[PDB]
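Inspection log for the structure reproduced underneath, given as structure tokens.
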Amino acid sequence: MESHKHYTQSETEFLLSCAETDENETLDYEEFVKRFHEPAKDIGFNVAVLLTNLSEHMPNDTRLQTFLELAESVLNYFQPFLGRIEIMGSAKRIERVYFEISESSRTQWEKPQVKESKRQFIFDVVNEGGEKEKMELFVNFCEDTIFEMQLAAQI
Amino acid sequence: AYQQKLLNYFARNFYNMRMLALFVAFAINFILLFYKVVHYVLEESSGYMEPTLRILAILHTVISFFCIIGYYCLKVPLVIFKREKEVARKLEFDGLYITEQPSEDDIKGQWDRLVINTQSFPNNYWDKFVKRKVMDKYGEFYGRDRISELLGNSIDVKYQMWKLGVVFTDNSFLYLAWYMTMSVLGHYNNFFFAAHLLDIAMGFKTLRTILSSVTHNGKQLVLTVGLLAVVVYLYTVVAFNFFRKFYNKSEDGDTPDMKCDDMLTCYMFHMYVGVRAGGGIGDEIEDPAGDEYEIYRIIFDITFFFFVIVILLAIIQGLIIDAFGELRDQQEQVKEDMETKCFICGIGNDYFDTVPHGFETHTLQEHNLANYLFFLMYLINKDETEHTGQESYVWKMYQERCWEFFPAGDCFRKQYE
Amino acid sequence: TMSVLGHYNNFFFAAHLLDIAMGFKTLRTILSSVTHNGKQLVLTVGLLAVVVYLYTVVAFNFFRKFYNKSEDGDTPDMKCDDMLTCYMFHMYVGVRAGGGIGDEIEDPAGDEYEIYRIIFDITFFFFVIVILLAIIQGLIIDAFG
Amino acid sequence: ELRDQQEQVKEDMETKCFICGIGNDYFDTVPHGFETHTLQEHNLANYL
Ligand SMILES: Nc1ncnc2c1ncn2[C@@H]1O[C@H](COP(=O)(O)OP(=O)(O)OP(=O)(O)O)[C@@H](O)[C@H]1O
Ligand SMILES: Nc1ncnc2c1ncn2[C@@H]1O[C@H](COP(=O)(O)OP(=O)(O)OP(=O)(O)O)[C@@H](O)[C@H]1O
Ligand SMILES: Cn1c(=O)c2c(ncn2C)n(C)c1=O
Ligand SMILES: [Ca+2]
Ligand SMILES: [Zn+2]
Ligand SMILES: [Zn+2]
């Protein structure tokens, strides 16, 4: 742990708290990551949305960057998983939306029976399909690819 | 339990097996280049050239059979899903097999009357309560004796008979059947693996465009070849009635000299020779010098060269080259439109640019139509107890099918900053 | 390194007039346009060598008796009933002609295969000389545009 | 020219109003925006 230059010596000892109680001065390999990792990746997610939700909504804040530059070992871990769209939200005003993208769905928007169905669609719509049915043809496309992404899963 | 192990191997390797039934079908049509005349193959490398074709021609029918089993488990389940959606959204949101009863056209509408009598109708459409929704919406104007009757080792035989009506009428499945039914004929005669190099055409992109441009401007092309067969026909009736004495395909007059004084054989002479020449018809005709009809003959040939070889054969080539100019440019335009506007906003490369990487981050993070697809996959796994304030103004509007929630013109910088 | 070879043989200073091409501006543009639309050009010449190949296998299996490059029958008459030499005959002569293949072939008049032969030649003239040889010229002239 | 002339005419018919002369864009702004504007609001049949 010390040779990776990530944790300082005030943190390499805290990580070795007891961690075994087992007779050999060792650990358990996949149980120590079972103990402590996964009950802070979805707890810690909503923290990452909240610091994201404040920086984009409230700019020009000197007080916020002091936390924000400390969070960069989190905000550069969850940015693979942080899906950000924009909708016209119920008040005639456009408000951003933040959500959670899995890892069994960023790796099946690859797998080229799904990639070929995109390029067969993008060319079909930006060529033909008027403005009274453009976004209908998008929402009708998202329903199919979700069936494709289910289909490429059980293979 | 071992069947679904193999059957899920072939659907995984379908795009990576169709590049194997091409590197084989070159190796057939390279050994087959050595034939010689009874037709018997010689050798150029060694004696083991004949068995490497009898090996290679049974290996090709096997691989061309695994590329339709892998098609039957990769893309034909999807074409069912896009078909069971459109039926189920027709008799429910609109009403088709109760109120409308479709016409003699749209045979797929007529064919899909066979499916709604089945037990397991929405097999792929995730929406197994259509048959309860119609009787609650259309059980009032029409009696629920009828709607209960219209809808409803023993497999879904009335449904499996419907499904094969969708697989066989499917476009890309027929090509995977014609690709295999030649490999059955490839052992009746070895020369039928020469019609497998036409998988180059439906395999590349700038060769699929040529094969489309022959028929893309097609509905005018028949009406222009159909003017060739009338101008050359009207050049027959003049030549048949006036100029029979020039039309000799014969030698010196001593021979049993062959003529063209018969309508059906003067006509095929004017089209097998009169079109493909360079000078129209004035090549393969005895020279007019000592005749009274000479001036009436130079006028006959010049307007043949001008109407059929200068005009009508240039604008038949013109509709096949300048359809290849549209279809290449169409693609170019699509790419340019993709790299100069936003898909969902529809704004421009200019207004978002205004900063380094201005349009790039606007479409990588702020809209990024991947994300609008993961967001709709989000609401399917979220429970309706858990929908927040905006994930249920969306999910109400999507169940309602209104779609006023995509950003029409503005995004974020068009009101803030 | 050609000027070293220019004294092994005097004829190697004839490959120094190709310094005209990388020397001017409207001649450097021609020499670029051959390969500028190049990645489609191989896939279109590569369709010529397959359509003319599929016109060989039909002519080899059906029409061997017309393919005489010979004189009057009395001579030791030369044929094209061998695949590799029927194929190079369809490409050295069948492409560069004006009428496709209906020039250098004995005339079909007294045969039962006559209607099956006029269809063979018209679609040779239309597919390989009217279309596929116009859109191979088309990618070298409209890359210069 | 004469094929393109016809093409242009068709395109002009499907992107402007005959009597207004305004555009497919300003009337669109809503689902079926240009369609109802020329089916009901002007519709040169009705002026006849
Ligand atoms: N809403 C949008 N979402 C994503 N891309 C967009 C959008 N609007 C415009 N674009 C443009 O589309 C381009 C994306 O390229 P494209 O969709 O052809 O696939 P790609 O990212 O090139 O990867 P591949 O070609 O392998 O699918 C981006 O460069 C972007 O400029
Ligand atoms: N003032 C207008 N009145 C009617 N149509 C208009 C007007 N301005 C533009 N248009 C366009 O003209 C189109 C009408 O098509 P057109 O006039 O060619 O005949 P049609 O409705 O297609 O029927 P047909 O071709 O059988 O006569 C409409 O789609 C409309 O978009
Ligand atoms: C359950 N369910 C849905 O409810 C659904 C869907 N796509 C859209 N909806 C609405 N999919 C794929 C789905 O499985
Ligand atoms: Ca709630
Ligand atoms: Zn946008
Ligand atoms: Zn108007």
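The alphabet sets the chain names here, A first, running in the order the sequence lines are given. Shown for chain A, in order and in the PDB entry numbering: 4053-4207. The PDB entry numbering applies to chain B: residues 4487-4523, 4558-4672, 4700-4964, in that order. The residues of chain C that appear here are 4728-4872 by the PDB entry count, in order. Sequence positions for chain D are given in the PDB entry numbering; the residues included correspond to 4873-4920, in order. If you're wondering, the header gives electron microscopy, 3.7 Å. In what follows, every heavy atom counts, from backbone to side chain, and hydrogens, waters and symmetry copies are set aside. Only part shown; contacts counted inside that part. Indexing begins at 1, ligand by ligand and atom by atom, following the structure's order.
The name given to the drug at ligand 3 is caffeine.
Counting heavy-atom pairs under 4.5 Å, the chain with the largest count for caffeine (ligand 3) is, by its name in the PDB entry, RyR2. Counting only non-hydrogen atoms, chains lying under 4.0 Å from caffeine (ligand 3): A, B.
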